[PDB]
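Quick note: residue numbers are just sequence positions, from 1. Computed over heavy atoms, backbone and side chain alike; hydrogens, waters and symmetry mates excluded. Just follow the structure's listing: the first ligand is 1, and inside any ligand the first atom is 1.
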Amino acid sequence: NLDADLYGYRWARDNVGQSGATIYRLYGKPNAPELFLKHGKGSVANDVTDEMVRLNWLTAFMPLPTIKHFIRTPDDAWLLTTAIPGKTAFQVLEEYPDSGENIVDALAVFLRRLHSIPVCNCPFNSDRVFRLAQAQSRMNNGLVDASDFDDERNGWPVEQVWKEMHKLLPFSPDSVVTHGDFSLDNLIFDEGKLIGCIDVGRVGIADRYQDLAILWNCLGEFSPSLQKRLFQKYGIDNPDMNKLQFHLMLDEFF
Ligand SMILES: NC[C@H]1O[C@H](O[C@H]2[C@H](O)[C@@H](O[C@H]3O[C@H](CO)[C@@H](O)[C@H](N)[C@H]3O)[C@H](N)C[C@@H]2N)[C@H](O)[C@@H](O)[C@@H]1O
Ligand SMILES: COc1cc2ncnc(Nc3cccc(Cl)c3)c2cc1OC
Ligand code: NA
C-alpha cells in the first residue's frame, strides 16, 4: 500500500485542465513537503504510467518532481510526487509584467538545455507520425475539443483542421529531446529563477518546434515582442513559420 507516506497530509482536488487523471494536492503536514497524487483509471492509467517512466528517465538530466511512489494495477495507476514550490511561468508573467524579458530569457535557456540532451540517451519516441496517429484516434472518437482551438481556427470543424494540417507537411525533421507540452502552465518559477518543469507525459524525441510552437503561442497572449525574443534567445534567426503552424495545429487535437 501507500498509506505510510500519506498520514498527516490533508487533501484537495485540483483541476488544472488535466486530461483524464484526477489530481489530489497533499498538504498541511508539517516538516513534510507538498505532494501530488495523480490517479488514472482505464485508458487514462496508461497516461499516468507514461508520465512516471518519463519523470524517472528525465530527472537524470533536468530538474523534476521526484517519484516518491507509483502503483500500477490492471486498471489503475497511482503516481505520488513531490511538489515544485513556486508559481507557474504564466502566473509570474501576469503578476509582474515588467519581468517578461527575464522570464522569456529564462524559458529559452532552459528549453535549450532540454534540447541539448543528446537523443542517444532518450528511449521515448514522440515524432509527428506518432502524434499524428494519436491525433487521428482522438478525432475519429470525437474527443478533440473544438471549443478550444486557437483563434485562427476558431469554429473550424475538426475534420478541416485535420485536412489543412497535411498541406503543410512535409518538412525536414530535426530531432531533439522535447517536453511535449512546453506551455506557460508547465514551467515553475521561484524567487525569479526557473527551477523545474512539470507534466512530462509526452516527453520524447521530436522536432524542436514541438516545444517552440506551443510556448510561442502562449506568449501570443502577452506581446509579439515577447514571442520574438523566445526565438531570439534560443538562437533561431528566422522562425520556420510552416513548422510553427503545423505544431500548433497538431496541439489542437490534444
Ligand atoms: N485540451 C487539453 C489541453 O488544454 C491546454 O492545451 C490547449 C491550448 O491551451 C489551446 O490554446 C488555447 O490556450 C492557449 C494558452 O494555454 C492560448 O495561447 C491559445 N490562444 C488558446 O486558444 C490550444 N488551441 C489547444 C491545446 N490543446 C493545456 O495546455 C494542455 O495541457 C491540455 O492537455
Ligand atoms: C505551483 O504550480 C504548480 C506546481 C507544481 N509542482 C509540482 N507538481 C505539479 N503538478 C503535478 C501534476 C501531476 C503530476 C505531477 Cl508529477 C505534478 C505542480 C503543478 C502546479 O500547477 C501548475
Ligand atoms: Na533531476
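In this entry, more contacts with ligand 1 come from one chain than from any other, and the PDB entry calls that chain Aminoglycoside 3'-phosphotransferase AphA1-IAB.
As PDB records put it, the drug at ligand 1 is kanamycin.
In this structure, the binding site of kanamycin (ligand 1) at 4.0 Å (heavy atoms) is formed by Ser19, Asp148, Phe149, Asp150, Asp181, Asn217, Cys218, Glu221, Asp251, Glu252, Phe254. For chain A, the PDB entry reports the organism Acinetobacter baumannii.
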